[PDB]
Protein chains: 2
Amino acid sequence: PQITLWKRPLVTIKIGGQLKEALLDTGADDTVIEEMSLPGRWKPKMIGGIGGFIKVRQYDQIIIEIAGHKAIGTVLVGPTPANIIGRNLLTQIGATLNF
Amino acid sequence: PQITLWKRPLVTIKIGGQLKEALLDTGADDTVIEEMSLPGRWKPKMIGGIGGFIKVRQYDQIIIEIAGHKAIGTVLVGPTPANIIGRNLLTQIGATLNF
Ligand SMILES: CC(C)CN(C[C@@H](O)[C@H](Cc1ccccc1)NC(=O)O[C@H]1CO[C@H]2OCC[C@H]21)S(=O)(=O)c1ccc(N)cc1
Ligand SMILES: [Cl-]
């Protein structure tokens, strides 16, 4: 779809078989999801944002559906203020910014 | 223009008579600019993201040119690690996310 920006660009995702709400976030390099149980191996990592750094679990090669579009890639799981879909997955679904 | 998301969606902006590079950020409600000495009145604000909150100065009705497109609106200034063009100004330049 074409998504205008008067409202937050919130979509439904499916991850680990579970539906969640997430924000399409062109300012995020990486995808960061709130704490949840997720099948797969993970590695400890840190990620920084506007306010500093947090600890996350890095899950590689996770299947995620984003507004009906399939991606398979890295998801960081940790205490984020919001579920954010970053460029690592937005590129997989063919998203571009246009003006 | 169309901006793909393989790389950070950085554009040149003009604000307070200075040129800067900034992210076109669909995940940001508001525009946040790295510390700079803007004239005029402001109001304190706190904004939160990954890692917690930062203190910023909220300036209203600030003129800002974004990739050659004029805009005017609220700009938050403070110790952000990135210049962030948020939805309050993305809408003014007619930006959409498309997939
Ligand atoms: C977390 C979002 C809901 C909100 N953020 C916008 C977001 O696009 C930031 C924007 C951003 C960009 C660079 C540095 C800090 C913040 N990106 C971000 O945190 O991405 C993280 C995940 O991937 C990594 O790549 C960038 C940092 C990491 S935010 O910068 O915290 C922010 C929060 C509150 C307001 N009012 C305005 C902006
Ligand atoms: Cl505004």
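The lettering of chains (A, B, ...) simply tracks the order of the sequence lines. Here the PDB entry sets the residue numbers for chain A, with the shown residues being 101-199 in order. Chain B uses the PDB entry numbers throughout; the residues present, in order, are 1-99. Numbering of ligands and ligand atoms starts at 1, following listing order. Keep in mind that the numbers below use all heavy atoms, side chains included, and drop hydrogens, waters and symmetry copies.
Among pacritinib, darunavir, nikkomycin Z, the molecule seen at ligand 1 is darunavir. Going by the PDB entry, the chain with the most contacts to darunavir here is Protease.
Other chains making heavy-atom contacts shorter than 4.0 Å with darunavir: A, B. For darunavir, the atoms closer than 4.0 angstrom to any heavy atom of B/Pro81 are 14 (C), 15 (C). With A/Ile147, A/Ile150, B/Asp30 as candidates, the residue nearest to atom 16 (C) of darunavir on a non-hydrogen basis is A/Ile150. Atoms of darunavir lying under 4.0 Å from any heavy atom of B/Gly49, numbered from 1 in the order shown and given with element: 31 (O). Contact annotation for B/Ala82 and darunavir: only side-chain heavy atoms (C-beta onward) come within less than 4.0 Å of the ligand. If you check which protein heavy atom lies closest to atom 38 (C) of darunavir, you get B/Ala28 CB, 3.8 Å. Using a 4.0 angstrom heavy-atom cutoff, A/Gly186 does not count as in contact with darunavir. Of all the heavy atoms of B/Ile84, the ones lying under 4.0 Å from any atom of darunavir belong exclusively to the side chain.
Proximity to B/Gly48 (heavy-atom distance under 4.0 Å) selects the following atoms of darunavir: 31 (O), 33 (C), 34 (C). When each atom of darunavir is checked for a heavy atom of A/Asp125 under 4.0 Å away, the hits are 2 (C), 7 (C), 8 (O).
When only interatomic distances are considered, the shortest N/O to N/O separation between A/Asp129 and darunavir falls below 3.5 Å.
Source organism (PDB) for chain A: Human immunodeficiency virus 1.
Residue-ligand proximity, B/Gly27 to darunavir, at heavy-atom distances under 4.0 Å covers atoms 2 (C), 3 (C), 4 (C), 6 (C). Neighbouring residues of darunavir under 4.0 Å (non-hydrogen atoms) are A/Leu123, A/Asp125, A/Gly127, A/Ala128, A/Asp129, A/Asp130, A/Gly148, A/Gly149, A/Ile150, A/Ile184, B/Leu23, B/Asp25, B/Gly27, B/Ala28, B/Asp30, B/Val32, B/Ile47, B/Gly48, B/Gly49, B/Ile50, B/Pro81, B/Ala82, B/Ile84.
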